[PDB]
Amino acid sequence: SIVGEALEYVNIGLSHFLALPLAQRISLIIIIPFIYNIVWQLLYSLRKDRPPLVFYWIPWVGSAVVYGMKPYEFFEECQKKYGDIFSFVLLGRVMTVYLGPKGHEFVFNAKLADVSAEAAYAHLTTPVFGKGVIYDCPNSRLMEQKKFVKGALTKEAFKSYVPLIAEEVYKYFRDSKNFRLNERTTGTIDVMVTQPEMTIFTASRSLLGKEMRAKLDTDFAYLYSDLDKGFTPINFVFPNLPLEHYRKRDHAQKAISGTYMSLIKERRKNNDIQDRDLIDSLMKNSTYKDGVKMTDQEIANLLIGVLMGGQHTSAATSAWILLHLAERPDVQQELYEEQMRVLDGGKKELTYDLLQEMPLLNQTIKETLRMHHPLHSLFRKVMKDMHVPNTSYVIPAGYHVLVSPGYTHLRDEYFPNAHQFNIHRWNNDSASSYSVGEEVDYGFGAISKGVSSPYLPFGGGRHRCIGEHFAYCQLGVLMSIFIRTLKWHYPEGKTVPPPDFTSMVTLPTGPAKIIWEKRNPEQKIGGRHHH
Ligand SMILES: CC[C@@H](C)n1ncn(-c2ccc(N3CCN(c4ccc(OC[C@H]5CO[C@](Cn6cncn6)(c6ccc(Cl)cc6Cl)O5)cc4)CC3)cc2)c1=O
Ligand code: HEM
């Protein structure tokens, strides 16, 4: 028995491999991990304690392209092939999707030790907002921060915000070049241009106050734009690749946080701390339960986080509302009648209380959030091995879980004629969200314990949104004034555009233009201006 000869030929063979043409070796450097990846999947496909894994040809990339461009179609095909639980590789990571209310339950109500949101999100958010807040702190710090922010989002705060938001909308109609209602009776706008502006203007004025709003009338506004461009999906993958807009992002957050800090310190020095805005509120109520106070820098950062949170979700949403109503003059008509009924033909001034008596307007917001969940995919990093009840499936630590209530929003099974815009599906159910059972408190107020609602635009569990009532307040005022003031429709041959799933939120694909017309051509908006 002499296999020794063969053992020699192993060594000889490696040496020959080392000698190969400098190009052929490169080609091997491609084909070998290519083949390994394929064999690996086939091997993986034999495991019974793993959810099925979506096949992919290109290593590391995985299903990035198809998921990135059309995640709901991707999910539907996957669901057809595998059912509700399945995995797919995404830019070096394994994402395990759990579709439907069970998935909502599995991810949003996961134990604190099983999953981490901050491990999923911090490397995008921390550079944008700053240190020590949101996802750059332990979850218990986040919980209290959310408690602090909620303390400025009370009914009394909303009562005070409504005239301020209304004033901003009217000023925008008066002064913005997109409108100029005192000099033009009709015009064309791109809602992806107007809505982000109206959003930052109304959220600035109400949450941050008059000074900070006033700063947006200057080239300081460009910092917000710079900051905004650091809030993009690529920063999930590549958080710190050296380029110009990364530096501009960092500079922006320093500059903006600096401006907030400047105002905070001035207010403290002057004993000018009232109950006007979120800044006042946080200055008065910013101490953790262990007695550590948030620093002025952390307060500033938290303000950035909060304004950024409401910015894209709300802007995308009012864009979609305008776009759906543009081909539904019947709905604009019905909403107008409700406006005339509730505001006494317009001789009642809009208030927060009267907003609560506009069920069809609120249903319109609700239905838009059903058809256009701003965030098509929410993530968590799995921290401990997770057994999927009731299967043999185990989700290993190091995986990520992906939940998508927005996908369920669009399933006929849970919403008949799901692809039809029908505000009347919410008749006698016009509230932003409804807890169908018992409640629980994670630190920022009692919220629904079960997260099995097929409708979940604000998510649930410990990471649940706290801006929902502010968003309804802002969208409410905004659409109330739009409706009473204007009618609008599409250019010929235009209709509702498809979503752009590649950005941070599911905003419409641009340009998304509508034509407005004044209901009262001779109506003038008062106040001083220089145009
Ligand atoms: C480039 C190649 C191409 C083919 N490709 N390949 C893949 N993709 C892709 C994949 C996925 C996605 N995304 C879209 C964005 N999405 C996402 C974005 C934000 C997000 O936020 C969750 C947390 C953090 O931010 C906020 C958002 N928010 C909540 N309420 C208001 N805003 C948040 C929470 C708290 C605070 Cl204070 C601020 C903020 Cl912003 O919630 C979660 C998911 C993930 C999937 C985009 C592109 C591509 O485009
Ligand atoms: C209608 C618009 C909005 C929608 C659809 C929306 C959606 C959501 C969703 C789905 C979550 C859960 C995130 C997750 O589980 O990963 C969330 C969380 C949150 N939202 Fe919003 N949101 C909206 C507006 C706002 C506004 C106006 C604010 C600020 C006032 C805000 C601040 C937050 C915060 C602070 C969180 C906490 C995230 C966490 O705890 O990890 N949102 N939002």
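Position 1 is the first residue of the sequence; numbering continues from there. The figures here come from the full heavy-atom set of this structure, side chains too, leaving out hydrogens, waters and symmetry mates. Just so you know, ligand 1 is whichever comes first in the structure, and atom 1 is the first atom listed for that ligand.
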**PDB drug name, ligand 1** = itraconazole
**Request:** Name the macromolecule with the most heavy-atom contacts to itraconazole (ligand 1) in this structure, as UniProt names it.
**Result:** Lanosterol 14-alpha demethylase CYP51
**Message:** Within itraconazole (ligand 1), which atoms have a heavy atom of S377 less than 4.0 Å away?
**Reply:** 42 (C), 43 (C)
**Item:** Distance from atom 44 (C) of itraconazole (ligand 1) to nearest protein heavy atom, with residue and atom
**Value:** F379 CE1, 3.2 Å
**Pick from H312, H376, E468, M69: the one approaching atom 12 (C) of itraconazole (ligand 1) most closely through a non-hydrogen atom** = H376
**Message:** With nothing but distance in play, are any N or O atoms of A64 less than 3.5 Å from an N or O of itraconazole (ligand 1)?
**Reply:** yes
**Request:** Number the atoms of itraconazole (ligand 1) from 1 as they appear, then name those within less than 4.0 Å of a heavy atom of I134, with their elements.
**Result:** 37 (Cl)
**Minimum non-hydrogen distance to atom 20 (C) of itraconazole (ligand 1), winning option of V133, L90, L375, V65** = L375
**Message:** Help me out: which organism is listed for chain A in the entry?
**Reply:** Saccharomyces cerevisiae (strain ATCC 204508 / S288c)
**Request:** Measure the distance from atom 49 (O) of itraconazole (ligand 1) to every protein heavy atom, then report the residue, atom name and distance (to 0.1 Å) of the closest one.
**Result:** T502 CB, 3.5 Å
**Any N or O of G309 closer than 3.5 Å to N or O of itraconazole (ligand 1)** = yes
**Request:** Determine, considering heavy atoms only, which of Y67, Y135, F129 sits nearest to atom 34 (C) of itraconazole (ligand 1).
**Result:** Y135
**Contact atoms of itraconazole (ligand 1), heavy-atom distance to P233 under 4.0 Å** = 46 (C), 47 (C)
**Prompt:** In chain A, which residues that UniProt lists for heme binding have any heavy atom less than 4.0 Å from itraconazole (ligand 1)?
**Reply:** none
**Request:** Considering heavy atoms of the protein only, find what lies nearest to atom 15 (C) of itraconazole (ligand 1) and give residue, atom and distance to 0.1 Å.
**Result:** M504 O, 3.3 Å
**Request:** Please list every residue in chain A that UniProt marks as binding itraconazole and that has a heavy atom under 4.0 Å from itraconazole (ligand 1).
**Result:** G309
**Asked** Within 4.0 Å (heavy atoms only), which residues surround itraconazole (ligand 1)?
**Response** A64, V65, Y67, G68, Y121, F129, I134, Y135, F231, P233, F236, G305, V306, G309, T313, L375, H376, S377, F379, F501, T502, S503, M504
Identify all N/O pairs between itraconazole (ligand 1) and the protein with a separation under 3.5 Å and present them as a table of atom names and distances.
| residue | atom | partner | partner atom | Å |
| --- | --- | --- | --- | --- |
| itraconazole (ligand 1) | 6 (N) | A64 | O | 3.3 |
| itraconazole (ligand 1) | 32 (N) | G309 | O | 2.8 |

